[PDB]
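Structure containing brivaracetam.
Chain A is numbered as in the PDB entry; the shown residues are, in order, 142-193, 205-323, 328-387, 425-483, 593-734. According to its header, the structure was obtained by electron microscopy, 3.0 Å. In each ligand, atom 1 is the first atom listed, and ligand 1 is the first ligand listed.
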Amino acid sequence: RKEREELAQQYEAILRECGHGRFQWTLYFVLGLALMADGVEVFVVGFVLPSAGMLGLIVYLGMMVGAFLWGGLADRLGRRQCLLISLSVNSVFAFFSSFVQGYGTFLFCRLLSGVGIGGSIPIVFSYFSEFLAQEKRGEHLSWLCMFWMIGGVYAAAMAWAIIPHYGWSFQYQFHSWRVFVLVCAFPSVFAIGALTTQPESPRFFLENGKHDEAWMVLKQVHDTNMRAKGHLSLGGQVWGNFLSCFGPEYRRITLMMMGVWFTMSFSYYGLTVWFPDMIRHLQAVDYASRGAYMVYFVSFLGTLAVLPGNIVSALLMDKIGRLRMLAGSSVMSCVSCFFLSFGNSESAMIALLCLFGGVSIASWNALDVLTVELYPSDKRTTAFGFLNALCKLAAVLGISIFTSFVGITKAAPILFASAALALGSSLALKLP
Ligand SMILES: CC(C)CCC[C@@H](C)[C@H]1CC[C@H]2[C@@H]3CC=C4C[C@@H](O)CC[C@]4(C)[C@H]3CC[C@]12C
Ligand SMILES: *[C]O(*)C1(*)(*)=[C@@](*)(*)[C@@](*)(*)=C(*)(*)C(*)(*)=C1(*)(*)[N@](*)(*)[C@](*)(=O*)[C](*)C(*)(*)(*)([C]*)[C](*)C1(*)(*)=[C@@](*)(*)C(*)(*)([C]*)=[C@](*)(*)C(*)(*)(*)([C])=[C@]1(*)*
Ligand SMILES: CCC[C@@H]1CC(=O)N([C@@H](CC)C(N)=O)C1
């Protein structure tokens, strides 16, 4: 009641006293490594597992399980400790999958690494947010979403360089897809190695009755900023946390948030996995009328296209508003997806999905900052993790359907995603 509000006000006051600029900008990279690992795994699942009947979409079920699990645990065990555990699991099994002599065993040891990386985004966003003050929280949570694209481009370049060929078979030994799989673990290994040097969030320590082990974290933040400026029953506890997200105070918020998350993720993941298929079909039909580098090129161009949108969102959200930014950017993403149909030619279709990405990254940034503004640290990571599990389910729902529609229908998935984003924007415009 009064204790929670007093704690939130006092923690915001102390966090604003600690200052911003050095500790936060270091933890930003330390956690961007984890997000880059997330993007790497997502790329390998969506655009490299088919290269070996949509059996690669089992890794997304793994990721949904892992997101829910690690998100729920991170609110009881710690944001940093559970980020360590999740990244460690992902890294160990991404390592394993390269030494494995099959696909029935490679897919399992990669499903478990997908489970690992499932809980990266919820914990990273809930963990970085415990260190950021109110007037910088949105702007500095918006820069994280670029590391996802950086990880995706990393994965695409490694694929095009080590395994540009479609040959991917496990039996011989010391292949070149094994080298790729090992090399795609590197962002995760660095993320965990760097993350073992950042302190667990002070908000979590305060919530966990650890006032001293929170004061040490806070004094570290202050000293780092200034010197550089100058001078089980645990399952029952996680269930309580989750069933609170649908209490009288969070049922409305949680349901509308679930809808926005699910629809945005459905549209985005379906569209982005379909678009290379659309390009390949377009060029195959063009050839009939008369590889991995194409996916790398479009990955690079998309990573550059979300850039101005990410910068504008990050710099503006503190004044345009998180609710308003989410609503407007979701409307713009809907309309740009509707326009995506016109790009009759590949040369023009690349640019229309560039537009989709550029105008939709602002909605994603607003969503990720809003799902941390609307929940308390007592349940922030559980709520974020559940909503990210919904995002992974949407990603399967969207990648399966749209891939099914590749050739048989021309502007089917464009219209599916336009309607989905319209529903998502309708829900987003209603949030508090
Ligand atoms: C190179 C191009 C494609 C980059 C485009 C960047 C996007 C993300 C930018 C450009 C103009 C921006 C919009 C300008 C003004 C507003 C105010 C209000 O209505 C809510 C957000 C909204 C609607 C902004 C959302 C983000 C926005 C759509
Ligand atoms: C580089 O983006 C990422 C990030 C993580 C995983 C994969 C990946 N690449 C893709 O999904 C392939 C898409 C075609 C990239 C893309 C996305 C958007 C919104 C616009 C463009 C032009 C390309
Ligand atoms: C335009 C790119 C949107 C991507 C898709 C995705 O899944 N993103 C994560 C970033 C941690 C998110 N906002 O949840 C961002």
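Taking every instance into account, the structure holds brivaracetam at ligand 3.
The chain forming the most contacts with brivaracetam in this entry appears in UniProt as Synaptic vesicle glycoprotein 2A.
Taking 4.0 Å as the limit, no other ligands or ions are near brivaracetam. Following UniProt from the N terminus, chain A has transmembrane segments with a non-hydrogen atom under 4.0 Å from brivaracetam at positions 4, 5, 7, 10. Taking every heavy atom under 4.0 Å from brivaracetam, one finds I273, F277, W300, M301, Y461, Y462, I663, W666, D670.
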